[PDB]
Amino acid sequence: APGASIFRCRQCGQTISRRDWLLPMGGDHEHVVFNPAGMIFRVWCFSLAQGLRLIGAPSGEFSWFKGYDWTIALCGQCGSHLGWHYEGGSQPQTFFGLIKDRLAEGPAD
Ligand SMILES: O=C1CC[C@H](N2C(=O)c3ccccc3C2=O)C(=O)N1
Ligand SMILES: [Zn+2]
């Protein structure tokens, strides 16, 4: 009965990812970053995620991960901004960077 298994959207409970899918990018699954608006994010990298809606076309502007282009990832259920999907890079080609404090962690479904 693990209690730290699944990540859900904090606002609505949509299933988003899993602890098993944490991805250590450059040696750490956690990356502390800031955007041009000065917002600090504690980003957890995941190999896979679900329940999101990726919005727009990819952009390389201000990417926190060298070689990757990003798209905003919203909760597909409630529209909460949960992070970004990264693509266009290498090893892996793609991954998700999700904002840790916008997820709730809990037992499996
Ligand atoms: O890797 C990334 C993801 C996108 C993120 N980003 C933002 O969070 C943001 C907010 C407002 C204007 C422009 C941006 C932007 O590039 C960012 O700065 N780097
Ligand atoms: Zn949600």
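Here chain A follows the PDB entry for its numbers: 16-124, in order, are the residues you see. Order of listing sets the numbers, starting from 1, for every ligand and every atom in it. All values below were derived from every heavy atom in this structure, side-chain atoms included, with hydrogens, water molecules and symmetry-related copies excluded.
Sitting at ligand 1 is the drug S-thalidomide. Against S-thalidomide (ligand 1), the chain with more heavy-atom contacts than any other is given by the PDB entry as Cereblon isoform 4. Lab note: binding site of S-thalidomide (ligand 1), heavy atoms under 4.0 Å, is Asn50, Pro51, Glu76, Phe77, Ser78, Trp79, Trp85, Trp99, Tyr101. Note: no N/O pair closer than 3.5 Å links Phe56 and S-thalidomide (ligand 1) by distance alone. The shortest contact between atom 19 (N) of S-thalidomide (ligand 1) and any protein heavy atom is with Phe77 O, 2.9 Å. As recorded in the PDB, the organism behind chain A is Magnetospirillum gryphiswaldense MSR-1. Looking only at protein heavy atoms, the nearest one to atom 15 (C) of S-thalidomide (ligand 1) is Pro51 CD, 3.7 Å.
Protein heavy atom in closest approach to atom 7 (C) of S-thalidomide (ligand 1): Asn50 CB, 3.4 Å. Protein heavy atom nearest atom 5 (C) of S-thalidomide (ligand 1), with residue, atom name and distance: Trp79 CH2, 3.7 Å. Per-atom contact check: atom 17 (C) of S-thalidomide (ligand 1) touches the protein, criterion being a heavy-atom distance below 4.0 Å.
The single protein non-hydrogen atom nearest to atom 1 (O) of S-thalidomide (ligand 1) is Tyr101 OH, 2.8 Å, given as residue, atom name and distance. Those atoms of S-thalidomide (ligand 1) that come under 4.0 Å of a heavy atom in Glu76, given as number and element, are 16 (O).
When distances from atom 11 (C) of S-thalidomide (ligand 1) to the protein are checked, no heavy atom turns up under 4.0 Å.
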